[PDB]
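Structure first, then comments.
We number each residue from 1, following the sequence as shown. Counting starts at 1 for both ligands and their atoms, following the listed order. All values below were derived from every heavy atom in this structure, side-chain atoms included, with hydrogens, water molecules and symmetry-related copies excluded.
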Amino acid sequence: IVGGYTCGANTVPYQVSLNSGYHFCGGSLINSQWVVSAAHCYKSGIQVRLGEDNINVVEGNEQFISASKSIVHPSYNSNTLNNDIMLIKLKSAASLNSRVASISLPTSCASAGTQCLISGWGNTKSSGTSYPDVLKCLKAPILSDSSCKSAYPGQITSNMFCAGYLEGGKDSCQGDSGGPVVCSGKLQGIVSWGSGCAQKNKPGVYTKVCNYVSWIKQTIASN
Ligand SMILES: N=C(N)c1ccc(/N=N\Nc2ccc(C(=N)N)cc2)cc1
Ligand SMILES: [Ca+2]
């Protein structure tokens, strides 16, 4: 997260870190045994780390649970990032508590202007690189689809939405991928892609979770 702030320990209790020996993506706990992340976060050997604040220090609220199954969206296209969503089932149910909590799926879609919380352990610099140890947060509005498609001509699909600030300075970034965009208590977005980070007129692009609620629910129910 570039231009964000320190969330505060466990203030984003659905935020998970995907760990393959190191944090490589965020995700969101959607129930005790399921995380949603970006399909582009797919890899083998995922350990889901819940209750994390400082990802480099065991602070006492963590649960580390191995993925038992990853399910990349059937239509995920890695070239375009269309359908950049993946479900990860945990080998065992997370113990739910104030610091490890699921985030509600939308029952529809959010609108341009809705303020969302985007969070992650991604890069905090727009030029160069600095990785935070503690979870960073960003309040950002959903941008109109038109501004989104204007910022990224030919690349924005109906499964993507932009959020953030056309002026630059405030954005998600590498390392935030797969993590949540939560608007009005619902996971509306997954950190998906962008051009650089926090650059003028290059807002974050997020997987439009509301398009996937049927698939998420059906997939979870069947798995
Ligand atoms: N500007 C954003 N909102 C945003 C920008 C980039 C982003 N990147 N995610 N992942 C990502 C993963 C790997 C590389 C790499 N091969 N070096 C670069 C980026 C995730 C979000
Ligand atoms: Ca920790």
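- Sitting at ligand 1 is the drug diminazene.
- Here, the main chain in contact with diminazene is recorded in the PDB entry as Cationic trypsin.
- Atom 16 (N) of diminazene is never approached by the protein to below 4.0 angstrom, counting heavy atoms only.
- Judged by heavy-atom distance, the UniProt Ca(2+)-binding residues in chain A that approach diminazene within 4.0 Å amount to none.
- Residues of chain A contacting diminazene are mostly from the UniProt domain Peptidase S1.
- The protein non-hydrogen atom at the shortest distance from atom 7 (C) of diminazene is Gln174 N, 3.7 Å.
- Residue-to-ligand polar distances keep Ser195 apart from diminazene: every N/O pair is separated by 3.5 Å or more.
- Looking at UniProt's substrate binders in chain A, a heavy atom closer than 4.0 Å to diminazene shows up in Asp171, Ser172, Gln174, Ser177.
- The closest approach between a heavy atom of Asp171 and any atom of diminazene is below 4.0 Å.
- By the 3.5 Å distance cut-off applied to N or O atoms, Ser172 is counted among the residues near diminazene.
- Both the backbone and the side chain of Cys197 come within 4.0 Å of diminazene, judged by heavy-atom distances.
- Remark: diminazene atoms within the under-4.0 Å shell around heavy atoms of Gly196 are 1 (N), 2 (C), 5 (C).
- For diminazene, the polar-atom distance check finds no N/O of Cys173 at less than 3.5 Å from any of the ligand's N/O atoms.
- Heavy-atom distances to 1 Å put the closest UniProt active-site residue of chain A relative to diminazene at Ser177, 3 Å.
- The site surrounding diminazene, defined by heavy atoms under 4.0 Å, contains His40, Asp171, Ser172, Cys173, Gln174, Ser177, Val191, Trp193, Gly194, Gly196, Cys197, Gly204.
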